[PDB]
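So, a structure with meropenem (bound form) in it.
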Amino acid sequence: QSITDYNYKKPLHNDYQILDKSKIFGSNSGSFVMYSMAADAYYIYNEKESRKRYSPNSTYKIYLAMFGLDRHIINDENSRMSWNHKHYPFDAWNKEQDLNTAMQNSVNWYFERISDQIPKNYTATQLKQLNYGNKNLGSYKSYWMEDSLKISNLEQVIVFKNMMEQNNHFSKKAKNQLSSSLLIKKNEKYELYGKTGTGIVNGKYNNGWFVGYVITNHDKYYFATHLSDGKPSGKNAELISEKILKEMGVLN
Ligand SMILES: *C(=O)[C@@H]([C@@H]1NC(C(=O)O)=C(S[C@@H]2CN[C@H](C(=O)N(C)C)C2)[C@@H]1C)[C@@H](C)O
């Protein structure tokens, strides 16, 4: 919208390492960013591309979930919402949800129902305090889905780390509840948490995301993959993330 809504230009005041992950990306285009808690250091593939701002799509469900927890729209005894009986083309959407099922199955109406209860001024205050991308709410409708709100791959990592790790106004209860909703994989070596996002424009994939974090016995890593071309799906961003985290030794 304005001159700075498509790119993030704030200098990293941290140690950083440039990665070459181009063979894993293959025919796809985009970037990968990871932050290590123990190192206080960023590892970035395609640094320029990582600072380009894009619609967060379903990754913004992270923040809607936190806002809904923070405003007591949902809690830990009850995060249930009944289905209004509108038929969706996905059967997982056609039923009652809780935060866990809605996050896992990316059920838009659940998060839309949350967003409708949140006053615009509260969201504006949150996005400022979080430094969330361009902070642009536009018409405040489904503003996180191929609309005015945009955020870069680099910012996805920085903003999520800061939200979760700083002592701020979100409670520990809310952060823990959001975390359980994001858990994908847990074994002896690691816990993998995250959320895919896909933007569909004219039936075509336009924008793929996977934003998350890994807890190991030694460290905690925040990461994000964005795809802008090739086959830019959430599914493919997740696959690419997994192979990169593996190569880097984060999953082992
Ligand atoms: C979020 O970005 C969108 C929805 N989220 C995702 C995603 O997680 O990447 C998809 S893609 C895929 C298509 N149908 C699947 C589904 O909903 N179920 C199997 C239950 C997920 C959506 C397109 C967007 C609409 O905000």
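We're sticking with the PDB entry numbering for chain A, so the shown stretch reads 2-253, in order. Ligands are counted one by one from 1 in listed order, and the atoms in each one are counted from 1 as well. Hydrogens, waters and symmetry mates play no part in the numbers below; they use all other heavy atoms, side chains included.
- Counting repeats, the structure shows meropenem (bound form) at ligand 1.
- Among all chains, the one with more heavy-atom contacts to meropenem (bound form) than any other is, according to the PDB entry, Beta-lactamase regulatory protein BlaR1.
- In terms of protein heavy-atom proximity, atom 4 (C) of meropenem (bound form) is nearest to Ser59 OG, 3.2 Å.
- Ranking protein heavy atoms by distance to atom 20 (C) of meropenem (bound form), first place goes to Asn106 O, 3.5 Å.
- Protein heavy atoms all stay at least 4.0 Å away from atom 12 (C) of meropenem (bound form).
- Distances from atom 22 (C) of meropenem (bound form) to the protein include no heavy-atom value under 4.0 Å.
- Contact analysis leaves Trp210 out of contact with meropenem (bound form), as no non-hydrogen atom separation drops below 4.0 angstrom.
- The presence of a protein heavy atom under 4.0 Å from atom 15 (C) of meropenem (bound form) is ruled out.
- The covalent attachment site of meropenem (bound form) is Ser59 OG.
- Other-chain residues and nucleotides with a heavy atom under 4.0 Å from meropenem (bound form) are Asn58, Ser59, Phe91, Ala93, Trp94, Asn106, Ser107, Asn109, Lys196, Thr197, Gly198, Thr199, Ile201.
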